[PDB]
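Structure showing niraparib engaged by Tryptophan--tRNA ligase.
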Amino acid sequence: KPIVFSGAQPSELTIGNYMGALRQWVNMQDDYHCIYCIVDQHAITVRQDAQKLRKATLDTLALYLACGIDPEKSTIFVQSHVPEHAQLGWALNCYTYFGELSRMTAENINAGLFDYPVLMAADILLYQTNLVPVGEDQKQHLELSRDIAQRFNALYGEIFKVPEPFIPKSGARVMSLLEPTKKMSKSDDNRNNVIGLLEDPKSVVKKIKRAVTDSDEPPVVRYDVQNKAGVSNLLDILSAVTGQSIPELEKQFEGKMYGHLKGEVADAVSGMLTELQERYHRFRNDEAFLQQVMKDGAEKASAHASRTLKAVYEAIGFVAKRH
Amino acid sequence: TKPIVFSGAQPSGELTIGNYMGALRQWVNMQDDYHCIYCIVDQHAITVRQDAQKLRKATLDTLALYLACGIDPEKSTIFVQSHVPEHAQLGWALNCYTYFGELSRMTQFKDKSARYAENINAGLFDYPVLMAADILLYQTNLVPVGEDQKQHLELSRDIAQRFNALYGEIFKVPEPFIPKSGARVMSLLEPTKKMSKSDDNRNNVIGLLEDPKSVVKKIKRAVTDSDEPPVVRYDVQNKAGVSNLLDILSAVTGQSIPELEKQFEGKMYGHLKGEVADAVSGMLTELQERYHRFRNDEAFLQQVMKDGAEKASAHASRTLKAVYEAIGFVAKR
Ligand SMILES: Nc1ncnc2c1ncn2[C@@H]1O[C@H](COP(=O)(O)OC(=O)[C@@H](N)Cc2c[nH]c3ccccc23)[C@@H](O)[C@H]1O
Ligand SMILES: NC(=O)c1cccc2cn(-c3ccc([C@@H]4CCCNC4)cc3)nc12
């Protein structure tokens, strides 16, 4: 099976993240050898509270498990638990141009923020990764990892796989509630633009009722991204939850106002989130379960990572460690 | 417990009398007085592009040379840097508490970048952070180095203090131990330039594993000055070559420069060079005699690397545990 590497930040998922990327990938765990790395060494490139970082790491783990990531099928682990990432990160620094890092898309910036694309390259290249499902803002980073891999391979032979981006997209388009032109993003400042995965039904109703629509008279529930962006987003959200087609929903809401739509959207979304939240809290509060998932995952990751790093170290010419 | 000494040298190029006087001499002298840990920094070496066979051989050459100088594996911890993962682990973590401007301003990065314009790599830029990690892992009190590493060591103090201010008494703040003589041995044909272990012009350098007869010839041809009459006196500005020779002689014999100046009263550069050649040739003969006994004994070198990496890992893992707990990582099971 092809190896898929996905990096997960320990810092709050939305329905866009879930119904888009994550739900798609939960259903492909038997098609691919999927690896999920909670990237706590990348997280510290921004200064943050220590106790919140620890909490956020475990929050992220439980939520990925809640979404359906199966630790017996896929490998899920915490980045800092596998030393090989930092080890390969340093080695690949020596085969990465300073220019390449400076050209990524002043003197008080920390070196971690400057140097993390190399660590990212190491994260991917450690596991002989075939595919990486990056977003558009990390396409440049993946490309650097491909360039590093080909450069190293040209000097020393075929040590690394040249990874590819995962090209086909989720299916669910999920846009911001007060800005339906812009995509719903976990990193949005405006909280009223997003529905978080742990939001309660009262919070969901409030945010959906405030969601922007249009001034059509009569109000008409019809799909039109150009002219009716807000109503179209509500339709896409509802379709993504229920599996009902757009033309089916258009018929279902014939002669109905935007209030009825919003009510059904809120009910559908919160119906979905109640099942995920049940799973989330059950997993998250079970310390022994989470510890065993992390230990098992780190063990699997380390077995593969050590194999690659040993070949890298042999190629460079380092004297092999005496065990 | 004793205060801790940490220092390192690269298995790249060929170690010189400069590397010896600035660093290795002090390493040997500190072994009983302090708890000493000495590293072959192969991960730093590859910031300049190395042939793979040369790197491996040079790592083992350097190890054997530590032993030849008098570094005793019963007294000191001797290990190869890449054998202890914690160096790279703390190296990454400390990037996040190091500013970009602190690294771009470094003299060594600037010198090496001008020299290797075809390979100005991220490792060469990030060099000081990994070096800080090397030191800070072992709760280091003293770092014996030459003058050229003072800037790097100052940053490691800054990183230690900056991290400690946020998180508590995680690191010791290390101090430089730079010698009075031989802290910056200069090139024989260009005494305003530091002696390099990778000089294109071999006549500039006195190599630790070089034929003593070849070394004597190079000392004889070392540039001096046009002073009339020739006078053996210390003056770095106007008599760089003579001063450098006096410095080398002071560091080998343990005699002060004022003492040497008095000794060479009424003498000229023939006496100076004769005395420098005698002392250095004697030193290298003894050193190289010991070197081959160690270097050709693979079982012994293998055992030193095994025991050393074990000792180092015990200390390094303890520090990294505390660093990881402080910054807020979920602790490994
Ligand atoms: N011409 C000279 N005269 C006097 N001393 C000199 C001369 N040239 C070099 N030195 C000193 O030799 C030591 C090793 O130098 P390296 O370039 O191998 O290697 C270096 O310059 C270090 N970055 C290696 C290192 C890596 N991590 C560390 C942690 C602590 C101490 C040292 C290290 C150094 O002490 C250096 O000051
Ligand atoms: N997104 C990925 O699939 C991925 C795979 C492998 C390594 C990765 C590292 N990242 C990543 C690295 C850094 C960041 C940000 C960069 C800006 C500061 N805060 C953290 C976000 C994501 N993403 C990775």
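The chains are labelled alphabetically, A first, in the order the sequence lines are listed. In chain A, numbers come from the PDB entry; the residues present are 3-13, 15-108, 118-335, in order. Following the PDB entry, chain B residues are numbered 2-334, in order. Each ligand, and each atom within it, is numbered from 1 in the order the structure gives. Only heavy atoms go into these numbers, but all of them, side chains included; no hydrogens, no water, no symmetry mates.
In this structure, the ligands or chains belonging to niraparib are ligand 2. Under a 4.0 Å heavy-atom cut-off, the other chains found next to niraparib are A. Protein heavy atom closest to atom 6 (C) of niraparib, with residue, atom name and distance, is A:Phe7 CE2, 3.4 Å. Interface of A:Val49 with niraparib, defined as ligand atoms under 4.0 Å from a residue heavy atom, comprises 18 (C), 19 (N). The A:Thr48 neighbourhood of niraparib comprises atoms 18 (C), 19 (N), 20 (C), with distances under 4.0 Å to a heavy atom of that residue. Only the side chain of A:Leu125 comes within contact range of niraparib, with a heavy atom under 4.0 Å; no backbone atom does. The protein heavy atom nearest to atom 13 (C) of niraparib is A:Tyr128 CE1, 3.3 Å. Heavy-atom proximity to atom 8 (C) of niraparib, evaluated over A:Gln82, A:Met132, A:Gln51, A:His88, is greatest for A:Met132.
Lab note: per PDB, source of chain A = Escherichia coli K-12. Only the side chain of A:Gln150 comes within 4.0 Å of niraparib, counting heavy atoms alone; its backbone N, CA, C and O stay farther away.
Protein heavy atom at the shortest distance from atom 15 (C) of niraparib is A:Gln11 NE2, 4.1 Å.
In terms of protein heavy-atom proximity, atom 7 (C) of niraparib is closest to A:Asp135 OD2, 3.3 Å. Summary of contacts: the protein heavy atom closest to atom 5 (C) of niraparib is A:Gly9 N, 3.5 Å. Measured by non-hydrogen atoms, the distance from niraparib falls under 4.0 Å for these UniProt L-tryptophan-binding residues of chain A: A:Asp135. Residues contacting niraparib within 4.0 Å (heavy-atom distance) are A:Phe7, A:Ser8, A:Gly9, A:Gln11, A:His45, A:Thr48, A:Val49, A:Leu125, A:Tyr128, A:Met132, A:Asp135, A:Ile136, A:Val144, A:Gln150.
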For niraparib, list all ligand N or O to protein N or O distances below 3.5 Å, rounded to 0.1 Å.
residue   : atom   : partner  : partner atom : Å
niraparib : 1 (N)  : A:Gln150 : OE1          : 3.0
niraparib : 3 (O)  : A:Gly9   : N            : 3.2
niraparib : 23 (N) : A:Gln150 : OE1          : 3.1

